[PDB]
Peer 1: 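Below you will find the structure I want to go over with you.
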2 protein chains.
Amino acid sequence: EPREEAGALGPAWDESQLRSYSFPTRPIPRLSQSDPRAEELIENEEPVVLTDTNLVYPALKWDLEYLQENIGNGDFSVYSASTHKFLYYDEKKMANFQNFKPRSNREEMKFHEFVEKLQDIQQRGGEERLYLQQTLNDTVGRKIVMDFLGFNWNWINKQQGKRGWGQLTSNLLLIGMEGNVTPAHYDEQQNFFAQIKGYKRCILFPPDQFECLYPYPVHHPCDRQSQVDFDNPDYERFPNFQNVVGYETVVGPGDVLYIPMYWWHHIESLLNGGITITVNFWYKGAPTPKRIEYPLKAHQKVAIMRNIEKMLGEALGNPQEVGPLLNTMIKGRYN
Amino acid sequence: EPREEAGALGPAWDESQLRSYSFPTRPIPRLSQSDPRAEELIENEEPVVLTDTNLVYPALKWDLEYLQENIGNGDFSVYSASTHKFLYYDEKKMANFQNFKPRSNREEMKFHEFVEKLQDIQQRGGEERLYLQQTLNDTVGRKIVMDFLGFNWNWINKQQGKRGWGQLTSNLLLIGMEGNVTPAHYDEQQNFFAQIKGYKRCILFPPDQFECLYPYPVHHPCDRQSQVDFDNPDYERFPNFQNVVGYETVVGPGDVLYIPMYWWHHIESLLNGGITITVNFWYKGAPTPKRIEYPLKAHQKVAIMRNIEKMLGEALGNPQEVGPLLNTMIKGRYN
Ligand SMILES: O=c1c(-n2ccnn2)c[nH]n1-c1cc(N2CCOCC2)ncn1
Ligand SMILES: O=c1c(-n2ccnn2)c[nH]n1-c1cc(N2CCOCC2)ncn1
Ligand SMILES: [Zn+2]
Ligand SMILES: [Zn+2]
């Protein structure tokens, strides 16, 4: 049920702005940061939407004109795709798969060019979509540095400490166009997802739904991404996608979503919602305890599978041979 | 083509004494130890039958009465089975598989008891078969120690040196009944197989026929043994057994067969051939070279698969989980 914006300004969004998919979902909880239930979820590495952290309060006034006037005359990475689905890939892994065709090229440019290229597609017909994805606190205008310093570092530093996490590895500014989709993938780091402008529908799946989501081979450029086309699922290749169940929410300005380490997430900017602005805070997870407590968590089994694949590629001297060897290993032996 | 025994004593054996199987074979070469081709085969880790090593010359006079009179009043391990197929298993691995039923029990006894139990089955109807399998040069009669010392240690020590092998790990005396079958398995050590009394048909398969022979899971008691019943191959479970091709020979008194590290071998004592006597010499292979030369040998890929299985069992804390994890890893990802 969409929430009502204050001052009787009407529904923040409506269901017609959400894409439709084949699987059921249930809501991620929206809680106050002072609510003990919210700490219990984070500590147990389950997602939660915090409504009142003020994590990026000073950034809530951010729009394009404000960022143009103040973000500086440096260069920002702009990713491009002809469709709504943005196909992220690892350039370092392209050699292993020469039959891989990048479906979303990347271009560096000054902020004002992104604003005009964005505005241009608007005044035109715009099948093409864009995504600005640049690390924060680097070569940025003094005014933004002020806003940046005004994030609620007290709260998030305390979280980092309580959860025993490692260092803040990255701050990332995302500016996207309506309908932009980042397909399902998982990350190895903890993520506080701070929404600033517009609305993003986030669909999360726990690590134990690995079997249902069919990630690419570790050595493939799309490592950690699901092979399933959520818009046209191939049930013969990916039969267990019919068993997937997600946790769903729509976050808006002022919301913070905790995406736990190894949780799949599918993120879409609402159709006809205008531009979205987001800042992610990525932290290295806490280190593995001395005594491994059994039974293993699902995400630890995922780590094991990754390591096995990495090891076989190193040992065989060729990532292409991993698949053949694994099949040799199980066929008529373990299946 | 069976060889003719000297002095016009007739054919050593005939085809009717060989069991019949579903796969083609071709002959292992019979060469003189002085033949350079024989050294080339051993060095390249391919099987060869050496006809004139005199490796166990003093043991060629061995029969049951001679061994009884001279082998000593100690205890020898006697394996038993109701059928011709002797199901060897690792007692240490039985816990992992409680649904495993040993089909061949083992009993210790004095040599004269084995001779009488053997003789008894003879005078009776004898579906039950026996196999004496005891390590040599331990608690043995002085006369046998003499014969033992008279093996051609010069020749085999030189082989050990040329091939850079490790130590002689074990000497094994085998006494078996006609029709005894040791089903297909592979060993991790080099083996000179010295035939003394009677005839054994040896069928070998190279390591690259792993795919066709379907070994048990590493953690199973029958580790390294083929799951295929050569007498009734299940082609639905083991489809690539239809592609297996073996190297075949019949070794008799005075012959030595080199079974290279990791080669599958199926060994049967000829039907209606009387008892067989054999001594195996097992050596640890040479150590892996500093710089791993690609492409890998087939037996190195086998080693990799073993290590992966061993590792997963340790990491998951449970061998039973290896199969499920491997399938999760490949299903819709690598197959
Ligand atoms: O970009 C995102 C993201 N998100 C948040 C709002 N909309 N999308 C969630 N995770 N995530 C990423 C993003 C990413 N890269 C970093 C390098 O350049 C391209 C994006 N790698 C892993 N995860
Ligand atoms: O027993 C044999 C054998 N063979 C030779 C003639 N007839 N059979 C060839 N290999 N082999 C074995 C035998 C073996 N064990 C040792 C421990 O007790 C049972 C047999 N382990 C591995 N390989
Ligand atoms: Zn991500
Ligand atoms: Zn063996």
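Order of sequence lines = order of chain letters (A, B, ...). To match the PDB entry, the residue numbers of chain A are left as they are there, and the shown ones run 15-349. Numbering of chain B is taken from the PDB entry, so the residues present carry the numbers 15-349, in order. Because only heavy atoms are used, hydrogens play no part in the values below, and waters and symmetry mates are left out as well, while side chains stay in. Technique stated in the header: X-ray crystallography, 2.3 Å. Both ligands and their constituent atoms are indexed starting at 1 by order of listing.
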Peer 1: How do the PDB entries name the drug found at ligand 1?
Peer 2: molidustat
Peer 1: State which chain has the largest number of heavy-atom pairs within 4.5 Å of molidustat (ligand 1), named as in UniProt.
Peer 2: Hypoxia-inducible factor 1-alpha inhibitor
Peer 1: State which other chains have a heavy atom under 4.0 Å from an atom of molidustat (ligand 1).
Peer 2: A
Peer 1: What is the organism of origin for chain A, per the PDB?
Peer 2: Homo sapiens
Peer 1: Any nitrogen or oxygen of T292(A), main chain or side chain, under 3.5 Å from a nitrogen or oxygen of molidustat (ligand 1)?
Peer 2: no
Peer 1: Pull out every atom of molidustat (ligand 1) sitting under 4.0 Å from any heavy atom of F207(A), numbered as shown with elements.
Peer 2: 5 (C), 6 (C)
Peer 1: Go through molidustat (ligand 1) atom by atom and flag the ones less than 4.0 Å from a non-hydrogen atom of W296(A).
Peer 2: 10 (N), 11 (N), 12 (C), 23 (N)
Peer 1: Measure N294(A) to molidustat (ligand 1) on non-hydrogen atoms and call it side chain, backbone, both or neither using the 4.0 Å cut-off.
Peer 2: side chain
Peer 1: Give the numbers and elements of all molidustat (ligand 1) atoms closer than 4.0 Å to a heavy atom of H199(A).
Peer 2: 10 (N), 11 (N), 12 (C), 23 (N)
Peer 1: Among the UniProt-annotated 2-oxoglutarate-binding residues of chain A, which have any heavy atom closer than 4.0 Å to molidustat (ligand 1)?
Peer 2: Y145(A), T196(A), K214(A), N294(A)
Peer 1: Under 3.5 Å, N or O to N or O, is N205(A) touching molidustat (ligand 1) that way?
Peer 2: no
Peer 1: I need the atoms of molidustat (ligand 1) closer than 4.0 Å to a non-hydrogen atom of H279(A), numbered in the order shown.
Peer 2: 9 (C), 10 (N)
Peer 1: Quick one: does molidustat (ligand 1) sit under 4.0 Å from the side chain of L188(A), the backbone, both or neither, non-hydrogen atoms only?
Peer 2: side chain
Peer 1: I'm looking at molidustat (ligand 1) in this structure - which UniProt domain of chain A has most of the contacts?
Peer 2: JmjC
Peer 1: Using a 4.0 Å heavy-atom cut-off, say whether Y145(A) meets molidustat (ligand 1) through its side chain, its backbone, both or neither.
Peer 2: side chain
Peer 1: Would you mind pulling out the UniProt Fe cation-binding residues of chain A that have any heavy atom less than 4.0 Å from molidustat (ligand 1)?
Peer 2: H199(A), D201(A), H279(A)
Peer 1: Would you check whether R238(A) has a nitrogen or oxygen atom less than 3.5 angstrom from a nitrogen or oxygen atom of molidustat (ligand 1)?
Peer 2: no
Peer 1: Do any other ligands or ions come under 4.0 Å from molidustat (ligand 1), and which ones?
Peer 2: ligand 3 (zinc ion)
Peer 1: What residues, by chain and number, sit within 4.0 Å of molidustat (ligand 1) when only non-hydrogen atoms are counted?
Peer 2: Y93(A), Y145(A), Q147(A), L188(A), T196(A), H199(A), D201(A), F207(A), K214(A), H279(A), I281(A), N294(A), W296(A)
